[PDB]
Student: 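Below you will find the structure I want to go over with you.
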Amino acid sequence: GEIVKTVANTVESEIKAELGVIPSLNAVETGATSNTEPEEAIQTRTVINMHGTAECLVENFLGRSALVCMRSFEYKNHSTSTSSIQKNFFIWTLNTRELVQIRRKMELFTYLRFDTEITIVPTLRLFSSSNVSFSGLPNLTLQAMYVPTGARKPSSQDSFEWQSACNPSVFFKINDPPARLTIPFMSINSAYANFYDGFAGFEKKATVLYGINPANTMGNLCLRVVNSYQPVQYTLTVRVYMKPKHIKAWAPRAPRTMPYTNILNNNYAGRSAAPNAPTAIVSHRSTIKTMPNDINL
Amino acid sequence: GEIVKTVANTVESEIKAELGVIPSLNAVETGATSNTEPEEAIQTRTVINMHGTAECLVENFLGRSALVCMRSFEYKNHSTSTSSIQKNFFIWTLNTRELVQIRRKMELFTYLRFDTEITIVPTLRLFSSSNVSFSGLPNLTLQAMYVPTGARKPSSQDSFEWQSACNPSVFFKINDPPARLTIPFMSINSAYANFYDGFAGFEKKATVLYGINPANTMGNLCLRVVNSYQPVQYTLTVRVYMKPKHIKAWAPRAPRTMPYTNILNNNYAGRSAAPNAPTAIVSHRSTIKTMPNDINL
Amino acid sequence: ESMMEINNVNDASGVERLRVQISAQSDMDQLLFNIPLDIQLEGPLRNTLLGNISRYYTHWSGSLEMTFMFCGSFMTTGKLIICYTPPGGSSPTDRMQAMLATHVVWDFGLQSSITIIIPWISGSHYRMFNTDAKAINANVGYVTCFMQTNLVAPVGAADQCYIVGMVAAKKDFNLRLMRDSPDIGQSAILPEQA
Amino acid sequence: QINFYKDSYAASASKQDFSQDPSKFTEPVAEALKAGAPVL
Amino acid sequence: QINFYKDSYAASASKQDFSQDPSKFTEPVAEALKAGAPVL
Amino acid sequence: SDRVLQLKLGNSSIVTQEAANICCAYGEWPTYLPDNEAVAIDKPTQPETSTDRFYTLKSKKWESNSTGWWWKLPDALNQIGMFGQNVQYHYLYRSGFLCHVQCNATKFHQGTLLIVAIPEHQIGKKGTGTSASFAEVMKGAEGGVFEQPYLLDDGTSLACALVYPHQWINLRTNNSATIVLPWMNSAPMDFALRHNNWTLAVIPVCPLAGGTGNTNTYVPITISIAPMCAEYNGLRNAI
Amino acid sequence: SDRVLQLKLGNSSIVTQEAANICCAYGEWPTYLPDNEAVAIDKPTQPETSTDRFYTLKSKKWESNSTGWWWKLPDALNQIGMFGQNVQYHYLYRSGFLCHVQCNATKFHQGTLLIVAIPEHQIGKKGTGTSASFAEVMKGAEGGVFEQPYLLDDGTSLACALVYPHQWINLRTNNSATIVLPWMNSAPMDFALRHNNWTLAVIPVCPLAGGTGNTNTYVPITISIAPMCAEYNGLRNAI
Amino acid sequence: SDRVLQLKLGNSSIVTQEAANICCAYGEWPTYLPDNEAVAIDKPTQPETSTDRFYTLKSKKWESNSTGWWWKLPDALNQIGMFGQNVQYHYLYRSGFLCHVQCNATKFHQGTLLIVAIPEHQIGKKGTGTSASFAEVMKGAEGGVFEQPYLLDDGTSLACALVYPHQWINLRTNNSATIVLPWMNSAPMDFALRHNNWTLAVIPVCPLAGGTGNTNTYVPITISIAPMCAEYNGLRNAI
Ligand SMILES: Cc1cc(CCCCCCCOc2ccc(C3=NCCO3)cc2)on1
Ligand SMILES: Cc1cc(CCCCCCCOc2ccc(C3=NCCO3)cc2)on1
């Protein structure tokens, strides 16, 4: 382990014709990457590089705010002849696999440990009814409460699990800056696992799904409109952005090539034709001797 | 190179009648600017100047916020019988030649290196329909995301390239202060080139346009209304202002005299009559011996 | 190291695309295979660790390395020449023009793999992963493989052998302006179903 | 790191660490392979 | 320059530099032309 | 130092002659769990010679159309010897694994095997949304067969499989491969009957072939796995 | 120091008698690329005598209605001698240029030429939105002709063309002009077949004239360009 | 020290595995011309990377009745790359040559090639008093064919050809040959289009052969020549 502020420099070289020295020849069967340096592989000069490597760090690779949730729900009167349930709220079943870009950057590494900064951005619209008139959006109050594993799940807008006596909750308005807070590293293990080659339960039944981690029970995020229902119908879209910090990564993975189909597992259906086809990840070319982008003069 | 806090002072002089000394005579054929000082060209006194030169620096000449973009688009329901595209967004194809004043101040120098501060000012209006009533402007959320070269371009408001997992994006409201951020010096070369006497591609075809710099592929700016469409039609005008900082300039140019006709090249059509005519940059006067602004008593 | 899809033709299914035909030739000086160096566009170098990671970024700099491993029989002998050609013209088709650019002569033996360094030959400090692979800021160069003498195998050994190609970066490699990769896409929020 | 809050995990992005050990992925061999020599 | 942020390019306008070398544009001649003398 | 190698653990001793080197996963050697990282408070049992030894699994024939095989650890050894017995009588376990792959062929034969140790290898099945069943995943020492070695049965790429610790068996210069794997878990210990840390996958990159007298040569591939630094906690009845 | 001058580079040696001085562009002398500013890692070739020498281009006649001529570097020398050959065999290049303009006339003749070296000179055509074609821009040693010397074919002004390094050939006191140009690029090197750093433009500010016995005097203008500190990188085949 | 070898000059790098050693002609290494031995007074051009590199010539098939081939230097390289261009633009030249001969065959094949560098090799034709023509002698990179390898086409003996620097390619233990040649002239420099210092001759002493399954094996022989310490004097136009 050595400190690399800038990439390696290049030193000047001369003619090299020596017996028993073969830098260009390598034995990749040993599993070791070829160590042939450019300096004595070819005829080089002296080059000094000031190019920084800070942006290539995992700190900057992952510590960048990415969308992980987007729920849209109706804010209206949901009462009926006998309903008594407002249902102006949503639950998320906390996870980080619904958005493919952030999911792929999670799964570039086997193990990740980080404290995450969470930003909530709400947006409002009016539903287009037969007779609707818009001249402004109300400044509604929204409560986002984290419900940990095994705690009560609110069943309605008017439910009394929204007291948040112990459950952390954040109150914010539409016109206020988007809500922001920080979740510490909250895994029962020493790191989050993007893959779990096993089962989360002791059972041998088909109910226990393969690949479920008995450490990914992150809990739930219950978001509600604090204001009661309005005379006219609205729609609220909440976007939750996740930003890792204080990141350590372990055992880099093979990058995902096929589109994700669900969040429970890493199954894939493949695309109809290349690229990223079942039998064809890279698109076809004419032959191995044709150049697809030939510069012809 | 000498430090010039204030302009040069003047020293007193006397009668000067010496053989072999001709300060007034110069040889401009050598390409050197005449060095005839006022002190011994005429009969001068002692003048001490406290006049500062800070505002004449390139730092202050260019480091001043100037408009570089203005896009106006319709924010409404763009769906049709089969459209499935909202198209409540715009792309800019990042450049700095659409506004003539900032373009001319860019092209006063051959090479410019600076980090730019970017300010985004949005404005809303209602479209005047047959039956429209206005009593307020909604506080919409807008996402401006920079898409670098070779990255995906969003195709609709509801597209999923707006995740911004790696692409830097800024979220801001209409009623909030205008968005502001900083782009570092991001050229692959050591400086931005306002002129490129050459071609950006290895090709010899007519498709490769002359004057295109293979370093000006700045990327794109994708701006979207985060809120979904409203029941009634709006119009959003976004103005993007650019402010250079940490500026170094190289090889000053000849100032542009003719109106610009496009942003791809520096072609010109000229104005019909003087001033700035093809054959007449400066307006005509009666003769070389008439004074157009004579003070007559 | 990371293997690359040199055999990316519409005849190979799966693993055949990570391995390259090598033939005992009835002629001399014949071109074996070509490798484009357009990481941004669809080519052999995209589905690589180097390629996949660098496609998150917009600007790249530094020299690369390619390792070719021979997978014939122990009694199979042969000589190849691998040439990197800087951009500016067309791809070399004959060894006459290919020898003039950067090249390494690979002789099979106890060491079953060869390494060629693609040096950083660029006017600018960095290069762009531009969709226009034909532009100056994006084009990197060409890679060609020519038979040097022949591929010789005995009667008992299989006449047709294979090369496995791999690509990686060196210590002087740099990346800037990280971006959302076009590798993976999404049309809707991923459900808990199919 | 400024960390205006009580908890240390509430701080900003961690201070830059440029330590690099590519060998663990590039030369993960018990017997070190010397450069410029037949590695067998 | 105050530069409240981590990156140095995020700072305000750079500190004033009044160095002036007009000669490179006004006397770009290999042989210096002395003032008050025939410059030919 | 040479191409020869001897691995002597317990009563087992494997000698290999056309070897390359020893690949230590991520440049580490398996070790016993230290006190500062321990979680369980009762003493773990550490049977050195009875468990830290080479177990030879049942061989597979290398065919011209072979796609590849995979063994999940410690599932492959959960049914064998003192390692299996201690797994059955104990709840928690921790051990590294030294894997040795044998493949013998003549100098007239050609072929290349990639032996890759993938950590935390979640198998993703193709053309279905249903997760893999217990029968398909937990296969024991009898092993598994790759549907898509091109995708590693994960949706990933075999081309990018070189991040994981790996060996090549190239018939020109190799007949045996050796990879040493330390503990791979976010926790100090785990449950063996429900989770696998490592997956050893042998994928034929280049098909086995011979010329005019060596076609259809029956060439087996043998797997020998040796637990190292095995600890067990939570003594109870067998399950 | 005097009005006489001798420029001796390689095998070439130009002596001038009615000269003014040597104009160094921006007060700098071309030099070889240092290590701290180098980008390419292979050694560049530095053929001193074979390339750093005076190449004399084909002359133009000065007419009474002449608008002016321009030569783009290194395009003018891309087809000539070792400089051209090294440009063709190499991808990257870097060199300064010493330009010498000859114009001989009698003491009874009058006329003034402005010799201006414009860096990064983008030609803008007039009365059209289409950019200039490859044929119109890349003209080689045969040179170009100014449509609007009043506007420098840029939309700029000839009056303000004195920011660029420049010489005057005034027939009263001069017959030759000399301008030295260093490297002009935002990058250490570039591609010669697709980009020009310098444009040497000779514009007659005052028309050539004579009195009653010197009209219609055939007076040629000669251009001699000498590369200096030429480096080439990226050896390959000719294109 | 071993049978392996790497020759890295400029952008070119040749690795050989079944080699013998490096033969330096007369125990000398080519060097640049010193001042005390220089004759021409102008500076010579010394393009290191652009000319001092390996040029691979067109291959010949080794037949059972092959008599041998010969290449005359610097004629073989007079038409190729920067070396050829500098030869064409310059009158005088001076360079050594590193010659590498490739010949690959299986372990079941037999055959022996003598690679001899004959200095000042005057070809003498047989059964005629007329001297050899320009076409027959100056053959370029396409090479020549021996009428009488037994007599070296000189009236001498192939048996006594071991005074000259030489290599053997014996298929049992060699596939490549390397010979280093310094400057060979009574003068410091010469004219390339009219005189050749070295002749590299590959003569099959023992015919190529195989047993019952290796007859008629197409086995090419490749020549790679690298100029070293090349100087050129007398710059002029191309001829
Ligand atoms: C792999 C892997 C990685 C992880 C980390 C998941 C944590 C980040 C998910 C997003 C967090 O979502 C929250 C949103 C809001 C709140 C909040 N708490 C108090 C009020 O709202 C908490 C979490 O889990 N598995
Ligand atoms: C000459 C010359 C000079 C330049 C500099 C151009 C850079 C400045 C152009 C304006 C920048 O536009 C942006 C607007 C917004 C954002 C932004 N990034 C993250 C969210 O929005 C980035 C750039 O290019 N050629």
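By convention in this document, chain letters (A, B, ...) are assigned in the order of the sequence lines, proteins followed by strands, and residues within each chain are numbered from 1. This depiction is restricted to one part of the PDB entry, and every contact reported falls within that part. We use all heavy atoms of the structure for the numbers below, so side chains are in, but hydrogens, waters and symmetry mates are not. Per the header: electron microscopy, 2.7 Å. Start at 1 and go down the list; that is how both ligands and their atoms are numbered.
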Student: I keep wondering what the drug at ligand 1 is called.
Tutor: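 Recorded as WIN 51711.
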Student: Under the nomenclature of the PDB entry, which macromolecule has the greatest contact count with WIN 51711 (ligand 1)?
Tutor: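 The chief chain, as the PDB entry names it, is Capsid protein VP1.
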Student: Which other chains sit close to WIN 51711 (ligand 1), with any heavy atom less than 4.0 Å away?
Tutor: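 Counting heavy atoms only, the answer is A.
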Student: Numbering the atoms of WIN 51711 (ligand 1) from 1, which are under 4.0 Å from a heavy atom of A:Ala144?
Tutor: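 Near A:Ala144, meaning under 4.0 Å from one of its heavy atoms, WIN 51711 (ligand 1) has 20 (C), 21 (O).
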Student: Heavy atoms only, cut-off 4.0 Å: how does A:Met218 contact WIN 51711 (ligand 1), side chain, backbone, both, or neither?
Tutor: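 A:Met218 to WIN 51711 (ligand 1): side-chain contact only, backbone stays beyond 4.0 Å.
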Student: Give the single entry among A:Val240, A:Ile118, A:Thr119 that approaches atom 10 (C) of WIN 51711 (ligand 1) most closely by any heavy atom.
Tutor: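 Among A:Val240, A:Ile118, A:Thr119, the closest heavy atom to atom 10 (C) of WIN 51711 (ligand 1) comes from A:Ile118.
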Student: Please list, in number order, the atoms of WIN 51711 (ligand 1) under 4.0 Å from a heavy atom of A:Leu94.
Tutor: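 What qualifies from WIN 51711 (ligand 1) is 9 (C), 10 (C), 11 (C), 12 (O), 13 (C).
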Student: Which organism does the entry credit as the source of chain A?
Tutor: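 For chain A, the PDB records Human enterovirus 70 (strain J670/71).
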Student: Which WIN 51711 (ligand 1) atoms does A:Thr116 reach within 4.0 Å, using its non-hydrogen atoms?
Tutor: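 Answer, ordered by atom number: 8 (C).
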Student: Enumerate the atoms of WIN 51711 (ligand 1) whose separation from the nearest heavy atom of A:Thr96 is less than 4.0 angstrom.
Tutor: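 WIN 51711 (ligand 1) atoms under the 4.0 Å threshold to A:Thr96: 6 (C), 9 (C).
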Student: Less than 4.0 Å is my threshold; does some heavy atom of A:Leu112 fall inside it relative to WIN 51711 (ligand 1)?
Tutor: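 No.
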Student: Short list, please: which atoms of WIN 51711 (ligand 1) are under 4.0 Å from a heavy atom of A:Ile183?
Tutor: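 Heavy-atom distances to A:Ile183 below 4.0 Å select 22 (C), 23 (C).
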Student: Numbering the atoms of WIN 51711 (ligand 1) from 1, which are under 4.0 Å from a heavy atom of A:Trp92?
Tutor: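 Counting from 1, the qualifying ligand atoms are 10 (C), 12 (O).
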Student: Quick one: what's the binding site of WIN 51711 (ligand 1) if I count heavy atoms under 4.0 Å?
Tutor: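 Going by non-hydrogen atoms, it's A:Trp92, A:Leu94, A:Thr96, A:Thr116, A:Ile118, A:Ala144, A:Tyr146, A:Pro168, A:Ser169, A:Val170, A:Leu181, A:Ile183, A:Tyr192, A:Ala193, A:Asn194, A:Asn216, A:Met218, A:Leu221.
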